[PDB]
*Asks:* 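Below is the structure I would like to discuss, written out as C-alpha cells.
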Amino acid sequence: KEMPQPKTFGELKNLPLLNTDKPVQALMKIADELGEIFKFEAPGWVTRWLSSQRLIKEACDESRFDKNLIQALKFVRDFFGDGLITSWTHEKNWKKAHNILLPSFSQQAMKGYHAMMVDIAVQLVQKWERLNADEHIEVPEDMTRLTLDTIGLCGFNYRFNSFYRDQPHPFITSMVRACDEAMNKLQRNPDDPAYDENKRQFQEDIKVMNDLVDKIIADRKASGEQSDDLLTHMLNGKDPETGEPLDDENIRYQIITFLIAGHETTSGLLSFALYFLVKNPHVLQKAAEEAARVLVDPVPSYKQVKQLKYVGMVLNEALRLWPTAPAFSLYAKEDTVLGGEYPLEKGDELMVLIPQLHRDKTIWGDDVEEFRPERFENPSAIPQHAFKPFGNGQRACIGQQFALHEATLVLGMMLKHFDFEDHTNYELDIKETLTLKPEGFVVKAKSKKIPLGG
Ligand code: HEM
Ligand SMILES: C[C@]12CC[C@H]3[C@@H](CCC4=CC(=O)CC[C@@]43C)[C@@H]1CC[C@@H]2O
Ligand SMILES: C[C@]12CC[C@H]3[C@@H](CCC4=CC(=O)CC[C@@]43C)[C@@H]1CC[C@@H]2O
Ligand SMILES: [Cl-]
C-alpha cells in the first residue's frame, strides 16, 4: 500500500507547501484531506505525520520508537545543548539530569513553589484591578509576563519583574529575536554578506541570555537565604545511579532550557483557556461559580487549587483543542511495520500531530470542535494515548504538574476577581513559533472589587 502524500514541487518536494506563517495549521488541513498518515518530504529530510490514536498509540511504544530530535531544527540543539528537552534518551546527561531534577517536580516540591506562584499571580490581578475604564488587557502578553516571572522566581529565586515593564523583558525580546533569526535561515545564499548584521544581532541576543544565566548562578552562590528550589537541585543534586552532580556546562543548558520551556507553552495555555471561556459564557459561568465557591480566602492555598476541578477540566479541554507544543518527533529503533501496513527502516522519523490526534472522532465523538470541559468529567475513561499535550512516556513533560498548578491557580483567581468581556468579538488568530498562541487576543476585565490578601 502506498502512503498518502500531498503534492510535490520538482525536487523541492512538499517544502513549498510550508511557505506559510502557520505550518502546523496547514499540516492539519492536509491531515484532514489525506487522513491518519501522510509522508512529507523536503530537500534535506523526510518524515511521516501521524494523526490517529490508533497509529500514535503504536508510535508511543518505547520498545519500538524513541524520541527524535529533528535535523532541520539543530539550531535548537545548538542553543539548549544536552539540556533535558534537546538531549537523546541514550545520551548520558539525559538520564543523569532526569533523575537529579525529578524531585523538583514532586508533590512536596509543588507545595513549596505555591507561595511564590501566588506572589506573581497577585501581581497579575493587581495590574488588572489598576486599569482605567477605557482600557483592556493584552492577554498573551500578560500571560507571558506571569509565566516567565513564575518560573524565574519559583525555579531560580530570580525576579524578571515583568509587570514593571511595558514591553517584554529583554530576555524574551532576545529569545524571540534569536529563535526567529535561526528559523529564517532554514530557507535563506545564507553566507551572503547582506546577512552580516543578522548574525551580529543574533550574537548580541545569545549574550543577553548568557549574562542572565550567569547572574542567576552568581546571585545564588552569594545568597544569604536558604533556597530549596530547582536551581538548588541542579547545583547540588547527585545522580543516584552514579553519585555525581551535573557539571557547570550542563547546568547552564538546563537553566536556559527551564526558563524558556517553563513559561512559553503555559502562557499559550492560559491565553487559549481564556479565549474559550469568553466564547462559551455558560462554561465561563460554571468555572466562575467554582472559583467563588472554592477560593474562600483572600489568597488561594495549595489545597484549594487542588479543589478547582472544573478549572482543571477547562485547561485540559483547551489543551485538547490547541496543545501549545503541537507536535513531537519519534524515530524507529529497528526496522518495523506501522499499523500492519507501513514499513519503516531503522532511524525513520515520525511526527505526532497532536491537535489532529485530539480531534480523532473515533476517540472523542463527533463534537470534537466544541469546547466541552465535561469530557474530562471522568478522566480514567479517556483511552491511553488519546490525550498527549505533554508528550510520551519517559520523555514526557517533566513540568506538567508545575504548568497545571500555576495555570489553575491563576485562572481561578482571575475568575474570582473579574468578569471578562470579549469586547471586540475577537476572531481567533493563532500565531506559530515553535509553539502556538492566540495573537492579538484582548478582553476587558470588570473588577468584582473583592479584596486580595497579601
Ligand atoms: C502547558 C504547558 C506545557 C506543555 C504543553 C508542555 C509540553 C511538552 C511536551 C509535548 C514535551 C515533550 C517534548 C518531545 O517529545 O520532544 C515536554 C517536555 C518537557 N517540558 Fe514541557 N510542557 C509544558 C510545560 C512545561 C513546564 C512548566 C516546564 C518546566 C517547569 C517544562 C519543561 C519540560 C521539559 C524539561 C521537558 C523535557 C522532558 C525530558 O525529556 O526529560 N514544560 N513538554
Ligand atoms: C518550543 C519548545 C522548545 C523546543 C522543543 C519544543 C517541543 C519539542 C521539540 C522537538 C525537537 O525536535 C526540537 C525541540 C522542540 C521543538 C518545546 C516545547 C516548549 C518549548 O518552547
Ligand atoms: C511543529 C513544529 C513547527 C513546524 C515545523 C515542525 C518541524 C518540521 C518543520 C520544518 C520547518 O522548517 C518549518 C515548519 C515545520 C513543519 C516543528 C516541530 C516542532 C514545532 O512545534
Ligand atoms: Cl483569591
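Following the PDB entry, chain A shows residues 4-191, 193-458, kept in their order. First listed ligand is number 1; within each ligand, the first listed atom is number 1.
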*Asks:* Could you peek at this structure and say which chain has the most contacts with ligand 2? A name from the PDB entry would do.
*Replies:* Bifunctional cytochrome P450/NADPH--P450 reductase
*Asks:* Tell me the name of the drug molecule at ligand 2.
*Replies:* testosterone
*Asks:* By chain and residue number, what forms the binding site of testosterone (ligand 2) with heavy atoms closer than 4.0 Å?
*Replies:*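 The heavy-atom cut-off picks out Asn71, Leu72, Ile73, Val79, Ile88, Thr269, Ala329, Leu438, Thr439.
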*Asks:* Give the residue, atom name and distance (to 0.1 Å) of the protein heavy atom nearest atom 21 (O) of testosterone (ligand 2).
*Replies:* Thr439 CG2, 3.6 Å
*Asks:* For testosterone (ligand 2), which atoms, with element, lie under 4.0 Å from some heavy atom of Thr269?
*Replies:*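 Those qualifying, in numeric order: 19 (C).
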*Asks:* Give the numbers and elements of all testosterone (ligand 2) atoms closer than 4.0 Å to a heavy atom of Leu438.
*Replies:*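 Contacts of testosterone (ligand 2) toward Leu438, numbered from 1: 1 (C).
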*Asks:* What's the shortest distance from atom 16 (C) of testosterone (ligand 2) to any protein heavy atom, and which residue and atom give it?
*Replies:*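 For atom 16 (C) of testosterone (ligand 2), the nearest protein heavy atom is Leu76 CD2, 4.1 Å.
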*Asks:* What residue and heavy atom of the protein are closest to atom 9 (C) of testosterone (ligand 2), and at what distance?
*Replies:*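 Ranked first by proximity to atom 9 (C) of testosterone (ligand 2) is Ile88 CG2, 4.8 Å.
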*Asks:* Which other ligands and ions fall below a cut-off of 4.0 Å from testosterone (ligand 2)?
*Replies:*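 Other ligands or ions: ligand 1 (protoporphyrin IX containing FE), ligand 3 (testosterone).
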*Asks:* Hey, is atom 19 (C) of testosterone (ligand 2) under 4.0 Å from any protein heavy atom?
*Replies:*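 So atom 19 (C) of testosterone (ligand 2) has protein heavy-atom neighbours under 4.0 Å.
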*Asks:* Starting from atom 14 (C) of testosterone (ligand 2), find the nearest protein heavy-atom neighbour and note its residue, name and distance.
*Replies:*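 It is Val79 CG1, 3.8 Å.
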*Asks:* Under 4.0 Å from any heavy atom of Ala329, which atoms of testosterone (ligand 2) are there?
*Replies:* 18 (C)
*Asks:* Is atom 1 (C) of testosterone (ligand 2) less than 4.0 angstrom from at least one protein heavy atom?
*Replies:*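 It does: a protein heavy atom is found less than 4.0 Å away from atom 1 (C) of testosterone (ligand 2).
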*Asks:* Among all protein heavy atoms, pick the one closest to atom 8 (C) of testosterone (ligand 2) and tell me residue, atom and distance.
*Replies:*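 Among all protein heavy atoms, the one nearest atom 8 (C) of testosterone (ligand 2) is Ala331 O, 4.3 Å.
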*Asks:* Identify, by atom number and element, the atoms of testosterone (ligand 2) in contact range of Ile73, meaning under 4.0 Å from any of its heavy atoms.
*Replies:*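 Reading through testosterone (ligand 2) atom by atom, the close ones are 12 (O).
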*Asks:* I'd like a table of the close N/O pairs between testosterone (ligand 2) and the protein (anything under 3.5 Å), one pair per line with both atom names and the distance.
*Replies:*
| residue | atom | partner | partner atom | Å |
| --- | --- | --- | --- | --- |
| testosterone (ligand 2) | 12 (O) | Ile73 | N | 3.3 |

